[PDB]
Chemist: 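Notes on a complex, avibactam (bound form) with Beta-lactamase.
If you read the sequence from its start, that first residue is 1, and numbering goes on from there. For the numbers below, each heavy atom of this structure counts, side chains included, while hydrogens, waters and symmetry mates do not. One-based numbering, in listed order, for ligands and for the atoms of each.
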Amino acid sequence: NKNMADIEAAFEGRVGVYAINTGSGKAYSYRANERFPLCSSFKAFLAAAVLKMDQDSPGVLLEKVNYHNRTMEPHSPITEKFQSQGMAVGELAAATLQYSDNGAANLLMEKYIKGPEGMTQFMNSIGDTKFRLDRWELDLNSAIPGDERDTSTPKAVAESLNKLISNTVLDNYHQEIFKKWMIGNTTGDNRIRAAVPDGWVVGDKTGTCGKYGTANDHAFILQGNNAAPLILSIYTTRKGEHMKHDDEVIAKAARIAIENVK
Ligand SMILES: *C(=O)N1C[C@H](NOS(=O)(=O)O)CC[C@H]1C(N)=O
């Protein structure tokens, strides 16, 4: 528990961590360039791609999407609620990020982003050449060791998140929406957020494949007093198909990474 190698050994699996202090440049890396399953964590970038489409076509966020005749994907807490009358594109983006909504992700990749291929192209176009999304929900969650489908690296995820808040892709209006969505994420209280002092503000997106004990979290962290953000990216997976994940391992890794870049 005092260092990342000991956390990983006791977890019995693979832990990948990249953190950077965007003010000082201090970074921390542990298997930062190895591949891990994305699970739900791509959904933050999907929401950002929808924001960019609206940036490039003002009004997209208010277009309405109807899906009355759909069999809703498991883990669709918002889209199942609104099925009777549809949802605005911007609320689908908010739902897929803040609630990890699976229906919202597939709907947006069916009608706006051009499938998993289009998701990958968006990431590629901002300079992320590690990210690949290959399949739809929920098959993208298989998390098979050695399978590079639907994977990225901890460092690539961190760097892409930084790009999305550092004026390289989204204008300041759309960046602010993206950052408010991340800060309002509902699913991360037991991961990176569990490692930060009260008073710091965290915007994060989690992922939990349900296979191979695979779970992750990436975030920007605002210490306050106008400090530049910390970026943290933490991915884990294990060898056995039905092994369970462990939130506390991610939180322990977060404490180490924060200590080394703060
Ligand atoms: C994403 O990985 N998922 C969607 C949903 N949210 O859990 S999450 O916040 O950790 O991402 C349920 C688990 C998982 C899935 N089975 O799709």
Chemist: What residue-atom pair is the covalent partner of avibactam (bound form, ligand 1) as deposited?
Modeler: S40 OG
Chemist: Quick one: look up the protein heavy atom nearest atom 1 (C) of avibactam (bound form, ligand 1) and list residue, atom name and how far away it is.
Modeler: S40 OG, 1.4 Å
Chemist: Could you list which atoms of avibactam (bound form, ligand 1) come closer than 4.0 Å to a heavy atom of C39?
Modeler: 2 (O)
Chemist: Does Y99 reach avibactam (bound form, ligand 1) with a nitrogen or oxygen that is under 3.5 Å from one of the ligand's nitrogen or oxygen atoms?
Modeler: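 No, since none of the N or O atoms of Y99 sits under 3.5 Å from an N or O of avibactam (bound form, ligand 1).
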Chemist: What residue and heavy atom of the protein are closest to atom 17 (O) of avibactam (bound form, ligand 1), and at what distance?
Modeler: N102 ND2, 3.1 Å
Chemist: To which protein heavy atom is atom 12 (C) of avibactam (bound form, ligand 1) closest, and what is the distance rounded to 0.1 Å?
Modeler: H75 CG, 3.6 Å
Chemist: Using distance alone, decide if avibactam (bound form, ligand 1) has a nitrogen or oxygen within less than 3.5 Å of any nitrogen or oxygen in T206.
Modeler: yes
Chemist: Give the source organism of chain A as listed in the PDB entry.
Modeler: Vibrio cholerae
Chemist: Relative to the heavy atoms of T187, which atoms of avibactam (bound form, ligand 1) are at a distance of less than 4.0 Å?
Modeler: 9 (O)
Chemist: Which residue supplies the protein heavy atom nearest to atom 14 (C) of avibactam (bound form, ligand 1), what is that atom called, and how far is it?
Modeler: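 Checked against all protein heavy atoms, atom 14 (C) of avibactam (bound form, ligand 1) sits closest to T208 O, 3.0 Å.
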Chemist: Provide, to 0.1 Å, the distance between atom 5 (C) of avibactam (bound form, ligand 1) and the closest protein heavy atom, together with that atom's residue and name.
Modeler: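 It is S100 OG, 3.5 Å.
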Chemist: Does avibactam (bound form, ligand 1) have an atom under 4.0 Å from some heavy atom of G207?
Modeler: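 Checking avibactam (bound form, ligand 1) against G207, which is what was asked, there is a heavy-atom contact under 4.0 Å.
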Chemist: Avibactam (bound form, ligand 1) versus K205, non-hydrogen atoms closer than 4.0 Å: side chain, backbone, both, neither?
Modeler: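 The answer is the side chain.
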Chemist: Which residues from the surrounding chains have any heavy atom less than 4.0 Å away from avibactam (bound form, ligand 1)?
Modeler: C39, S40, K43, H75, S100, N102, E137, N141, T187, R191, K205, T206, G207, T208
